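This file shows Xanthine dehydrogenase/oxidase complexed with oxipurinol.
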Amino acid sequence: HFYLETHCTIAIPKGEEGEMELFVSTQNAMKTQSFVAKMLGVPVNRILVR
Amino acid sequence: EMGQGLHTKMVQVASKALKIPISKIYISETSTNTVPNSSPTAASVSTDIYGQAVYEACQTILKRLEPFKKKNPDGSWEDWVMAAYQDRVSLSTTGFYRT
Amino acid sequence: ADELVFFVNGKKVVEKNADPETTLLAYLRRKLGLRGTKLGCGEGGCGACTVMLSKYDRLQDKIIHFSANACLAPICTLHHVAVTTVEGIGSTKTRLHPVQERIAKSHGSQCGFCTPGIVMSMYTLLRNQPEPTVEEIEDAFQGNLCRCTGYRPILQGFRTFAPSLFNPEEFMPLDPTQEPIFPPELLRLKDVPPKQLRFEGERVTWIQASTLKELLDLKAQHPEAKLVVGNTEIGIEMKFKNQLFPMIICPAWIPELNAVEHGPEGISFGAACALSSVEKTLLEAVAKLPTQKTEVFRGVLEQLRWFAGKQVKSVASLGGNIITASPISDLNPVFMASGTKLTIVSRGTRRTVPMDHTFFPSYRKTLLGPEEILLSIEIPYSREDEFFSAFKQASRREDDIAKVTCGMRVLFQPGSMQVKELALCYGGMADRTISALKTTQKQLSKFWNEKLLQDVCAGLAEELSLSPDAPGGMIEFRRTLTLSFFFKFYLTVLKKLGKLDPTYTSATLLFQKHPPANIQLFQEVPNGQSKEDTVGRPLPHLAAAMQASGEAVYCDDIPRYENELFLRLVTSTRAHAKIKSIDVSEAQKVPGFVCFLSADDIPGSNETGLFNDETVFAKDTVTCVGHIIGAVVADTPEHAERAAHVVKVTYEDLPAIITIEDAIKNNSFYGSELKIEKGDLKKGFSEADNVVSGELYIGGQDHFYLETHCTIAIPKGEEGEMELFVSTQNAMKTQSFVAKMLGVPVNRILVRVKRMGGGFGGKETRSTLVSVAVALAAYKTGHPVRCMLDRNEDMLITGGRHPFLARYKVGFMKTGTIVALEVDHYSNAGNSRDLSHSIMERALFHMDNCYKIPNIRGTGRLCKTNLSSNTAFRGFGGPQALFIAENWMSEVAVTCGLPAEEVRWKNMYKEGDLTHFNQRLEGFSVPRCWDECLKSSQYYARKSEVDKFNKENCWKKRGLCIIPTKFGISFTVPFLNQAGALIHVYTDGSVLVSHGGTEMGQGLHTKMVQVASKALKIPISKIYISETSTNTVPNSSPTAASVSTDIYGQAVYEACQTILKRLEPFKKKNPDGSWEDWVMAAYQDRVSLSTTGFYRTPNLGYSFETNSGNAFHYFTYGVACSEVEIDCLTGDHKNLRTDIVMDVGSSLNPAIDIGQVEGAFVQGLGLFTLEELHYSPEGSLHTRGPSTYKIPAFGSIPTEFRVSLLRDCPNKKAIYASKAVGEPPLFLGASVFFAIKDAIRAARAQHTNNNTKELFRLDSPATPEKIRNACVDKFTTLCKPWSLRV
Amino acid sequence: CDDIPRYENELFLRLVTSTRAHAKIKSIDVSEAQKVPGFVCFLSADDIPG
Ligand SMILES: Cc1cc2nc3c(=O)[nH]c(=O)nc-3n(C[C@H](O)[C@H](O)[C@H](O)COP(=O)(O)OP(=O)(O)OC[C@H]3O[C@@H](n4cnc5c(N)ncnc54)[C@H](O)[C@@H]3O)c2cc1C
Ligand SMILES: Nc1nc2c(c(=O)[nH]1)N[C@H]1C(S)=C(S)[C@@H](COP(=O)(O)O)O[C@H]1N2
Ligand SMILES: O=c1nc2[nH][nH]cc-2c(=O)[nH]1
Ligand code: FES
Ligand code: FES
Ligand code: MOW
Ligand SMILES: [Ca+2]
């Protein structure tokens, strides 16, 4: 692909109810959200992807 | 937005639908807590589908503003919006499209 | 510099560059990332920063655990000490400790900001005593404050350590064997010889002296060196008194300074011993030695009962209190009167002298030389024929500064009543501890009799005089206390010499705590209701566990960006003046200084405020002390603070208008008169049998939310975009005010509110003062910026409840029936309009309370003054008007000579009546609440018991009063009664709910989660609410008017319906499927799982012009009965019992609603009896901290506290038949005020006069000063024109 | 994404990837990595909570 900007993610752990806010260079915020939730083992509503 | 100008086009669409300058419209970002279960931005259909969703949401706004426009035809967009707010009419809505 | 080594939660910490000025709180929060411990006042009076400290005591060869305020603990005093914070005992990520579990499940946590501190006070107690008594449990919190709960649930939940809202049987038992162990490494270090340590900071050098020899050499070389042990004085001087001590010597480690010796003359304590140690030793001594030898010890112990709290007493040293020599020291008067011996030393010298009047030559000075230090103190045993007494009276019993405090001793000739020695020493009557020598000397060789009592009182009145301008004011009260204390001493000695009149006995008793009794009654949910349907059940606040664990994130707990700067506001020191110039040349020298911002830096508009009558930054003129002139931005909070303090502003004073009286005299108002008039007054007064006229005043109130105002502003650098995290109930106005100041479209600004550690109306608008200033700083620097106000800044700048002045005239019949009423209200609004108008409207809306008044006229006027702009405070004007109403109603009863409850009842509205603003009262439940409260409180039976007590007691009286209330539900501003919600169902079936309301501790999100769960028919575990944000729900009204549940509940409900309709087709095609199955099917069929919900309260719109239209959607009602006991000699009082019956319709959550009732009730109790703000004549606020502003404490609540929610009273006007509960209960606190007034009448009938129909004025708050002064007697009287017309 | 300011306590992650096309992982030794200044931790499969 050689997108000038390579893959990148910032993950912010809240410390409350498994909440995590992420800033990601992706075309798929949905799958990013569910995949991160699946790995953490928390409901999808706890994950915010921006 | 990955450089293809999707937000520009959506602002262009919203401006045409609402019939107001683009300068009054803004798109800041994409987030899972504003629009959920979104398909990845792909298949070159983003303009097609999000354009329709934005279009519908705009239509819902116009309908809610219609009574106020009719009562004050020579007023400004700002006048109608404020009147709507004070009359406790919601100025927030979703839009959706399915090919 | 030596390395500082200590432990935090078992983890070793090595600080190679310890700064002497760094507090443990700052270190925990900024260096260790442990944000569970909070900053609530920075002056040791709130306990929000409480932590536990553990160390190996060399002299006791044992590990000791004690609590301490992290805000006053210099980390430099913690070498080889083990710290335990809330995070160290448990968490929701691992497992909650029993203390955390119980306070959470017992509903002892609302906003949650005070929880960690209280959790640690309780934890510390249990580490010292695994099975404490109820007494010990209550005493554990003398230094912890809570503004939300009303304390009852916290005490009741913890009492377990010694339908229903909670079930104790579910609580995990406490098991000491599983507690974290004392760090092994520290236990090894105990075997290493102590060595002197040196720490070097930016401005201070700290020397930890290991031996007495090193201490004396250090003092010989540096006589100026300031000693520090507990730092509970030095810390205050450094933080608030602008003091800087270049060199500090901490002698805490020195054995001689910590030694305890039992001698033949008394018990000696090293000057470094903590007051808690002295207290422990004296208690043991009092239990083992003959009563006749412990007279002085018991005096010391009585003062220690009311000396700060556990956190301060565990670190505060003896020497510290003695040498600080404060005018209001509670110990020096006792040490002086008892001639306690002081052993003073310096390198090469040593002397021992008994403390006497000469030891304190002048203000803050003692007779010690510059090279000397106090080594030890010997508290004497009392001898035969020797008696002692110690008394203290303040504004609040617990953790307060003495108004007058004393030590009194008398020595008689062997077996006689003939005085040999007499010492009466007082604190709080001069700029130093003094002895009434002139007076006492005249009694030597005299006998203890009535004549001596009279002579001493007259002597005291003349010798302890106070000039009208005496600092602290309360001239009459203080002088009266000096005589009253002696009277108490006099009677007490007669008793000890023994015959004493039975009605005088109680005057000699020391405060006695009575056992608590609490009962909460509510209604069980329908028999067949599903377990997953939580509406109507006492579900604990969803974040309570995280608040008890310190994991709950509040604004400042959010991590700072590496490049984030800090802002400190620069405010006016003048009430009204022109700004001639501003010089920052000095501020520019403070390290880390970045810039000074002012009006000229604003890119958009400097016009702000609800009514556009305010400035973001003062321009040309300042109109109140605290008026924001500009702000300093620096790399650290300290640097910003220090720089802002040296910014020099040159002023030129302008005529100022401070008081309501000044305003009226100068015709200084905002807008024109407000008024509601119905009927024919002239006719009404013409038919009345009696007419009463009067004036009444009610003081203001500071919100004192445990978490002060705070804002973080992140500038994006793109298109003017800015993202802010704010502690506010109004994200919408925050957003538009920031946008207006920046000159950018509102759609560029994002405001996010997670939760507030309290709001109470104080964050409805005034939070913008900070938010806008921070946004400007972020805009100008391009860096993220933040600012959290210190308590003193918050209390000075942000405004509070509106003080009210009322002039009334009521006409009534001999039967007590009201026929006419005219009331003119005046509120002190401050330097801007803000919410003052709407507040006055609500006041006028409630001038009737629950009474039908055929002919009535009420006016309101907003006074424009040079004081910070006052704003919304739980009640929004209602409490003031309701208070004024009950005042004249009480005067009508007395005038008529009829039982107050009879007069109130016969004047009460009836189902279907119209109010003075012509709204029909439908479903008027006051009658039911009234009868049930009269019955459950056993009002009548107790009424006779009160009269009996008053006949058997001359210097103590009891009062009983039952009052009702009604509160109109809905914003006075029609268009604000709107609410929106946004709901998303993700593909795993989990639901994310978002609405316009914010969480400030009232449990709104919890209730909304409960509502969504019921509507969707799924467990609450599948629903979540993360925060409130302007980009999910726009144009939201502030979370206020107690209608958030009502309106957001409907919006959430409507959004859920839409979801159900969309899922219906898939549910039908697969009836046996799960929620998850239907959700996934909808998604794959391309059916949107996102929708909005909206609600608009119907038919609202009252007009003060036509006195027509619906102002409210419905009314919330309640009744409260309270009993008190007053000390006619001191002004102190006890809230014996309170019974409340509240109608909240079918409660959505009885646990949260009872918590709102109890909490609102305690804030009202505070407004009417304890809380008072004092201002200089020039308009400068004196009370800027918990030390001087006394809100209710754990020990302030009714000992017997009963609350019942009216059963079977569904409200068809709101979501699931519930009713708003936030503000309605607050006025009920007035029942305590009127019970007090009832008691004062008893006291006046006893000593003042015989006019059983006399109407004496009693303004609010009924503080100890007002109560004591009202109890006119021979003493108040003791504390002459040429001619007089005949 | 990376232009977003880092929090003062923000840490950095570096992936550890396979240098073989197909093989069994016999063991992982981080004793050397632990010596690098600023090292915080090595994460692997077992650390995943979900
Ligand atoms: C919330 C709060 C509530 C309080 N409540 C009360 C109250 O109810 N009644 C009351 O009287 N006080 C009260 N205090 C005041 C304070 O706690 C006492 O004065 C305390 O005992 C001082 O002890 P310290 O060790 O903390 O003093 P520090 O602040 O450590 O030292 C105080 C002063 O004593 C000097 N000093 C200390 N030890 C020696 C020595 N051995 N020889 C010579 N000089 C010495 C120091 O140089 C310094 O000037 C309160 C303070 C707070 C913050
Ligand atoms: N714990 C706590 N309770 C509180 C407050 C608060 O700040 N903290 N605010 C009060 C005020 S002034 C109001 S108007 C209502 C607002 O919330 P509600 O509409 O959800 O009841 O809660 C009341 N109860
Ligand atoms: O009528 C109102 N009642 C209120 N309580 N708290 C804030 C309020 C408001 O703005 N308006
Ligand atoms: S912050 Fe320490 S006592 Fe309030
Ligand atoms: S819960 Fe204690 S101050 Fe809010
Ligand atoms: O915000 Mo209620 S007074
Ligand atoms: Ca005002």
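Note on naming: letters A, B, ... go to the chains in the order of the sequence lines (proteins, then strands), and numbering restarts at 1 for each one. According to its header, the structure was obtained by X-ray crystallography, 2.0 Å. When reading the values below, keep in mind they use all heavy atoms of this one structure, side chains included, and skip hydrogens, waters and symmetry mates. First listed ligand is number 1; within each ligand, the first listed atom is number 1. What you see here is only part of the deposit, and the contact count is restricted to that part.
In this structure, the ligands or chains belonging to oxipurinol are ligand 3.
In contact with oxipurinol at heavy-atom distances under 4.0 Å, by letter: C. The binding site of oxipurinol, defined by non-hydrogen atoms within 4.0 Å, is formed by C:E764, C:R842, C:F876, C:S970, C:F971, C:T972, C:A1040, C:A1041, C:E1223. When the UniProt substrate-binding residues of chain C are filtered for a heavy atom under 4.0 Å from oxipurinol, what remains is C:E764, C:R842, C:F876, C:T972.
Residue-ligand proximity, C:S970 to oxipurinol, at heavy-atom distances under 4.0 Å covers atoms 1 (O).
Any N or O atom pair closer than 3.5 Å counts here, and C:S1042 shares no such pair with oxipurinol. Heavy-atom distances to 1 Å put the closest UniProt active-site residue of chain C relative to oxipurinol at C:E1223, 3 Å.
Of all Mo-molybdopterin-binding residues UniProt records in chain C, the ones placing a non-hydrogen atom under 4.0 Å from oxipurinol are as follows: C:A1041.
Shortest contact from atom 5 (N) of oxipurinol to any protein heavy atom: C:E1223 OE2, 2.6 Å. With ligand atoms numbered from 1 in the order given, oxipurinol contributes 6 (N), 7 (C), 8 (C) to contacts under 4.0 Å with heavy atoms of C:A1040.
With hydrogens left out, the protein atom closest to atom 3 (N) of oxipurinol is C:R842 NE, 3.4 Å, a heavy atom. Distance from atom 8 (C) of oxipurinol to its nearest protein heavy atom, with residue and atom name: C:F876 CD1, 3.5 Å. Covalent bond for oxipurinol in this entry: none.
Inclusion of C:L835 in the set of residues having an N or O under 3.5 Å from an N or O of oxipurinol is not warranted. When hydrogens are left out, the protein atom nearest atom 10 (O) of oxipurinol is C:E764 OE2, 2.5 Å; that is the closest non-hydrogen contact.
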